[PDB]
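Drug PLX3397 bound to macromolecule Macrophage colony-stimulating factor 1 receptor.
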Amino acid sequence: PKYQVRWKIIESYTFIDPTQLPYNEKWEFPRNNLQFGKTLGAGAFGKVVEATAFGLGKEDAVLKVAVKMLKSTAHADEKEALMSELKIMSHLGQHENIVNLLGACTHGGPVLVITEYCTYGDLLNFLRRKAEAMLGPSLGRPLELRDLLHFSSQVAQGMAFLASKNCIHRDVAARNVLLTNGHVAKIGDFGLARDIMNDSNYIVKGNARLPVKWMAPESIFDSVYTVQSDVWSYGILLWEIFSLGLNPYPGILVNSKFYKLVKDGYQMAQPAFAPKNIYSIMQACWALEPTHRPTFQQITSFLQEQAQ
Ligand SMILES: FC(F)(F)c1ccc(CNc2ccc(Cc3c[nH]c4ncc(Cl)cc34)cn2)cn1
């Protein structure tokens, strides 16, 4: 019922309490120096809105940002989740292949979290509209196999960075990958700003809405989340990419049988656009034994090599 932050930092499994993380007032930014535009994504209690920031950063830039905020329908545990998210992003630091923190507004009003604007939006929709744009002439530059490999390595690169900081995403999916200028992939998370209550990709499992089709077995059955369980989810993401945005396990209802099959080593078939090389990587990510899955660094070095 109560919303909890998605990413987790391990210290020992012992997770650190994000509410205990410091908030540097250096990230502080005047809310008046923001001019909001259209909403980029909205959930039940939160949303992400595009905006122009004036004098943001060291070079006093005037650029377009994405700003995350809560609605009025938010309780004390959304308010805390947003603050924990902010503290986590600060702690992690910056990387080219994640959605970076640009600033925050914590004084004189609701908490606003300012992040990078990614002009092409989420990866899943990009791939879907892209496939449609290519089938068009039969019925923007088209995609090539190299683009898929680049997207994949870029996300794995961002996930490699997170793991190096002992950070666990817990919702790795194409819907949570953003595409910025030059079509560079960045791993983020809409979280509060996603309509999970009406998203068919999120299944009711007891008292939660979970992205079951992206989840490792140990997460589904034991509620265990590791870097390795993210790797499983990455394998599903890899399948999303090389199928140009198909739903995982197409047509299959999530039920007792589905959980049974997953547990018993059932794996999706090779996607239409995946080289044998890449399907093997998927299969490795779907090892039932977590410590037998590849590390994000192994995946990154392999995919970078594949992108030539
Ligand atoms: F703390 C945690 F909750 F775990 C956590 C840490 C980091 C993050 C990453 N933060 C964010 C924030 C907003 C977004 C959505 C978003 C951005 N830039 C965009 N540009 C365009 C569009 Cl169309 C959507 C976006 C994605 N990730 C999320 N949650």
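The first residue of the sequence shown is numbered 1, and numbering continues consecutively from there. One-based numbering, in listed order, for ligands and for the atoms of each. Scope of the values below: all heavy atoms of this structure, side chains included, with no hydrogens, waters or symmetry mates.
For chain A, the entry records the source organism Homo sapiens. Of the UniProt active-site residues in chain A, the closest to PLX3397 by non-hydrogen distance (1 Å) is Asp171, 8 Å. Measured by heavy atoms, PLX3397 lies under 4.0 Å from these UniProt ATP-binding residues of chain A: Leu40, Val48, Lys68. Looking at chain A, most residues touching PLX3397 fall inside the UniProt domain Protein kinase. Heavy atoms under 4.0 Å from PLX3397 belong to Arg6, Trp7, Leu40, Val48, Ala66, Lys68, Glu85, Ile88, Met89, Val99, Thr115, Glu116, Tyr117, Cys118, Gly121, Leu178, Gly188, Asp189, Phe190.
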